[PDB]
K.L.:
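Structure incoming, see below.
Chain IDs: alphabetical, in sequence-line order. Numbers in chain A track the PDB entry; the residues on display, in order, are 38-606. Here the PDB entry sets the residue numbers for chain B, with the shown residues being 37-606 in order. Counting starts at 1 for both ligands and their atoms, following the listed order. Values below: every heavy atom of this structure, side chains too, minus hydrogens, waters and symmetry copies.
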Amino acid sequence: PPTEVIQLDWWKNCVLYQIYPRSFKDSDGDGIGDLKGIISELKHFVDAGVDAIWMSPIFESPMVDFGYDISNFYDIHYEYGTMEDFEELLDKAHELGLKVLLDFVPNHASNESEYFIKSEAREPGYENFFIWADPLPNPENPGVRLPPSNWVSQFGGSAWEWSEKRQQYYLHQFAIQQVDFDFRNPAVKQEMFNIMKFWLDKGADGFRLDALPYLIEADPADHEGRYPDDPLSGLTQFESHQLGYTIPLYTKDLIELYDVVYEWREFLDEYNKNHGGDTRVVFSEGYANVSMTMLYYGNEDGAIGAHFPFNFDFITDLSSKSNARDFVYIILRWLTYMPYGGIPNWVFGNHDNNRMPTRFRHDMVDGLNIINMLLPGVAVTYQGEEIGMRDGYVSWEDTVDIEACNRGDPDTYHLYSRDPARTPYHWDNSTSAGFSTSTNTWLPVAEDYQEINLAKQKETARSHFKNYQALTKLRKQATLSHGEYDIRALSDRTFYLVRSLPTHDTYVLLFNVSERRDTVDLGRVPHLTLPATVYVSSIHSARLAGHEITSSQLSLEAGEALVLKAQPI
Amino acid sequence: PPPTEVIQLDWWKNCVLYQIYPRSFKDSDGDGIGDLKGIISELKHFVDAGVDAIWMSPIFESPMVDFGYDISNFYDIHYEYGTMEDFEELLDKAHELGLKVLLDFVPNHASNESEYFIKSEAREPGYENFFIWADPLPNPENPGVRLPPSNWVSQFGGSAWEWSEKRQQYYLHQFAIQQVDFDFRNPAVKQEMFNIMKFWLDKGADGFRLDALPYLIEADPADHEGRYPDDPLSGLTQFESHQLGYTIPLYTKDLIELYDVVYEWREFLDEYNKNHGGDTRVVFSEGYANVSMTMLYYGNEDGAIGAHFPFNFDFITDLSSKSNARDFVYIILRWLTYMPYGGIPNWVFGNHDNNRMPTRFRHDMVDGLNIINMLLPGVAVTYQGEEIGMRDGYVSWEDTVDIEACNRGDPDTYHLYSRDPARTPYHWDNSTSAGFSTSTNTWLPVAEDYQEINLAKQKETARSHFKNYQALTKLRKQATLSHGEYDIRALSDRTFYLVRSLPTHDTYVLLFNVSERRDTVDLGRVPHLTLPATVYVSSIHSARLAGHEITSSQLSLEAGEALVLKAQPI
Ligand SMILES: C[C@H]1O[C@H](O[C@H]2[C@H](O)[C@@H](O)[C@@H](O[C@H]3[C@H](O)[C@@H](O)[C@H](O)O[C@@H]3CO)O[C@@H]2CO)[C@H](O)[C@@H](O)[C@@H]1N[C@H]1C=C(CO)[C@@H](O)[C@H](O)[C@H]1O
Ligand SMILES: C[C@H]1O[C@H](O[C@H]2[C@H](O)[C@@H](O)[C@@H](O[C@H]3[C@H](O)[C@@H](O)[C@H](O)O[C@@H]3CO)O[C@@H]2CO)[C@H](O)[C@@H](O)[C@@H]1N[C@H]1C=C(CO)[C@@H](O)[C@H](O)[C@H]1O
Ligand SMILES: [Ca+2]
Ligand SMILES: [Ca+2]
Ligand SMILES: [Mg+2]
Ligand SMILES: [Mg+2]
Ligand SMILES: [Mg+2]
Ligand SMILES: [Mg+2]
């Protein structure tokens, strides 16, 4: 008789799907994805075996950074719909059993926000809402104004913008139009609680928290009443206006940012205690080194932060250049450094990075989806990974990404532009791939949508989507929710991942990540007794689901991945 | 129940290899210089310690500019160390005691006082192209203003190119001006390297530690329009054109051709072992390089076979007193993740080029580090002094002799470059110069702490570093350490485990608190550990003694505290 397992809180082993609403589904023929479109396809998440959806920003926004420049944190961007459409989405998602998280952008507001307009005007209570600074005293040329410091924006050029009206500089770590809040202002910290409480009370199940490494910068009180310069890098390819010119010592990962995150979690815990129902959660976005990433969870003094910080390792440290030993060594980093009791999470893609099968190879999609689903903890899926969408082609003309428009020309833009990972979702082989009834989509529909689309993959005997479905379903098994893991490379080309749990079925990934065939001794795989049955295979595997592995010698093709189901240990 | 037979491994696959620094081991004759008679007189020390194999830093004829890594005759003994007869007696007594003996082979470069160089500089036939000789770079801006062939920078500071007034050409030195780089594209150089190894194997050497292999080969001018191509600049503004770090060594280090020489050396050594029989003769390579470039020393995808192993310097390069237990796990896993299947793992905690293990880490971590070294799968490497927890010796500017410090250093900075602190004489006892010498005039000053830290004190007192070391080398005879699986994970930011297990044989568990703070851990999390278990070894500061019974699954470990537990078979 198999052991009983204690059920986990929903967020500890959810499949979390990141919707990019502008590119998911257009219900209204403007070539722009919208909330009624998402509502019309909430059944997709259930069919997929997704537990939770996180939307990129849907709040009022001048759309300079497609939603990450928010002018009203309390209302819905008209192009996506209304507050009424948002409440309908929560009702219908909840009725289907889905959790819904919103994208909370605490570092900055649009310069078209009431916060900024009032702060620029020095309205009482808003004067010190953002980071405002006098020019650097220039004794040599009192004639030429100097920025407060050399700090560089993520989207190109000075992080300091002159306001004619206020006769001071404001800080922008992102676009000129994205003004940084003063997180040493208690009125700001209170507004962040107000915003989250507002959406929790509407019924959101939590938040994805944007750009947290950038919350807090050096206090000029600590540097004799000036903003201290960031150290220079030396990289001769970067001039004083180019991102990479500085080391962000005074502008990123300040220890004081984590106190804000712990205060958010305290607020959220108290909210959950006072409301009951499903735990509401925060998942943080932070590209940082391992030490500074893990501090999001909490610290050695018992502080508790985000339910988890996102694990970007499959984006930052793995690619088509990676061999099987790289795959193992990077997988092991989160599992080795994550604090005791922390929930691991795996992210293969997002709206800021190239699509999974473009970073890796077309023949690796199933293997990567299996890694996502079979590792312990939380699987994160970016819109399109479930059908193996590829980066779309976007001309300089069709490019709308502020980062490309700031840092690029028609020769260089592709190095900066996030648009190719933002192309409309492939539903079917109809006009604009079933994304819109209109041919004029906000970004161009990738050329391969006739070949790569959801309806094709539901019709055909073997597909990325059917593999995705079999894997989300496997996550219900006690072996994946509660099982141990063992992971090692068998060669430069192939590794195993074994989930095992006494009295429950053993599950094994074998994945040849290389461009060459590989033959391995399955005798080296712990907890694998043969015969074993193929549960899932790569769409071009010689092995079908149900096929029996009896021989201890296994030849994998380039890209080939198998999940084997073997007898319990 | 009954314990499975294991097939016994070839000696080199699980040896304890001890690196002797001859100049600082034992002075037999009162000149304050360690010598071969000194070594012979303490070969019993290796048997006592449980050392299987000794490797000596260089003992060949040398002007001593780089204390023997500058070799003027590859076929004879440095006079201060002794004679060939002393070397033959060392090999004979070491072998009688069952010890294997390796020699430090320095194939990258020869002394500028070598016959090879004097004949090469004079363009003697057969020697003209023994070294990398290059004309000055043509200077079209001002013709005949002398420019070096390239921007290449020496490992010991300044240009890697030295002007010969006699030959009117530059020669290459990746190391000291006195260390002249051989041309590894000259078949006559490659022949000479087999001649040297054949000579010392014929004397009965059990193999070699190969020096500085990443630097063997540099860019061929024939591939760069007949010049030596500049190495790419770094940008790091603390580094000027004459300072190491100013360049990225793209055309001067880790060239793929170097590995072809290594594989030819292995092919010769396999042929020699096959023709002479007796104990396998081995090569262990020294290469500070990235993981990809390091692992190619074992062999390559085409099936070529290289060094028996490249040294694993991860406990020198990537761990220190700044490391937590998660850093310890993640770095230990790097070699085991990246090493090719069939490869023998190895663990180096120190050498004569780095700060001593207790100085890099902390004085209360010595036993924990020696346990790691002995309990990880494969080969344990010990540097002279680590078996008694020797700390770095104080060495003044005035007493500093390391060429790296004399070239790159000044009175205020010498401490940044000098390797001398890790080369101070070995602490035998609390007699004059710690029993290293009967003379108080030692070639480097004896460390101030020898009264506190010496072999004899540690052999007499009930608990010591050396007693722990003995217990750990004895444990390596156990099937579980030779043949067992491993499992390693961090229980906290402070404490990790390493479990060696093998069905029907005892289970051994390291628990190590690498932090400066007490940690409490749940032993229930430790795989293959059933309580009660017996403490087999403890840190000298541990409240637990060998023979102590662990019964509680809750375990408090003090800062630096390590335990090896002996648990029932799985
Ligand atoms: C847009 C995004 O920008 C920042 O993150 C950037 C890194 O700063 C940048 O270095 C780069 O990181 C790559 C790294 O250079 C490379 O060596 C490694 O192999 O891979 C890394 C990842 O590709 O790109 C990342 C993004 O992928 C911030 O840290 C993020 O906060 C930020 N994302 C947020 C913030 C904003 C502003 O509101 C939005 O524009 C964005 O869409 C949102 O998700
Ligand atoms: C002396 C030794 O020099 C070279 O190795 C050096 C590295 O080049 C140097 O960068 C440094 O590496 C450290 C690295 O900087 C640091 O960030 C990392 O954390 O720690 C590294 C190790 O401390 O130090 C190493 C030396 O420890 C060569 O690669 C070696 O081949 C060379 N040793 C050989 C060669 C010679 C010349 O014959 C002898 O002088 C030396 O005694 C011998 O062992
Ligand atoms: Ca900020
Ligand atoms: Ca060389
Ligand atoms: Mg629309
Ligand atoms: Mg002597
Ligand atoms: Mg050094
Ligand atoms: Mg196991």
K.L.:
Quick one: zosuquidar, tipranavir, etoposide, acarbose - which is at ligand 2?
P.N.:
acarbose
K.L.:
Looking at this structure, what macromolecule is in contact with acarbose (ligand 2) the most, according to the PDB entry?
P.N.:
Sucrose hydrolase
K.L.:
Other chains near acarbose (ligand 2) with a heavy-atom separation under 4.0 Å: which ones?
P.N.:
B
K.L.:
Report the binding site of acarbose (ligand 2) using a heavy-atom cut-off of 4.0 Å.
P.N.:
B:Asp102, B:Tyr105, B:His145, B:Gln191, B:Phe192, B:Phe211, B:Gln215, B:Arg245, B:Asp247, B:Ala248, B:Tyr251, B:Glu322, B:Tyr324, B:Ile352, B:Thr353, B:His388, B:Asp389, B:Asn390, B:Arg455, B:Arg459
K.L.:
Establish whether atom 15 (O) of acarbose (ligand 2) and some protein heavy atom are separated by less than 4.0 angstrom.
P.N.:
no
K.L.:
Do any non-hydrogen protein atoms sit less than 4.0 Å from atom 18 (C) of acarbose (ligand 2)?
P.N.:
yes
K.L.:
Is there a protein heavy atom less than 4.0 Å away from atom 12 (O) of acarbose (ligand 2)?
P.N.:
no
K.L.:
Answer yes if a protein heavy atom lies under 4.0 Å from atom 32 (C) of acarbose (ligand 2), otherwise answer no.
P.N.:
yes
K.L.:
Is at least one protein non-hydrogen atom found at under 4.0 angstrom from atom 41 (C) of acarbose (ligand 2)?
P.N.:
yes
K.L.:
Is the closest protein non-hydrogen atom to atom 9 (C) of acarbose (ligand 2) under 4.0 Å?
P.N.:
no
K.L.:
Around atom 24 (O) of acarbose (ligand 2), find the nearest protein heavy atom and jot down its residue, atom name and distance.
P.N.:
B:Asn390 ND2, 4.8 Å
K.L.:
Looking at atom 44 (O) of acarbose (ligand 2), would you say a protein heavy atom lies below 4.0 Å from it?
P.N.:
yes
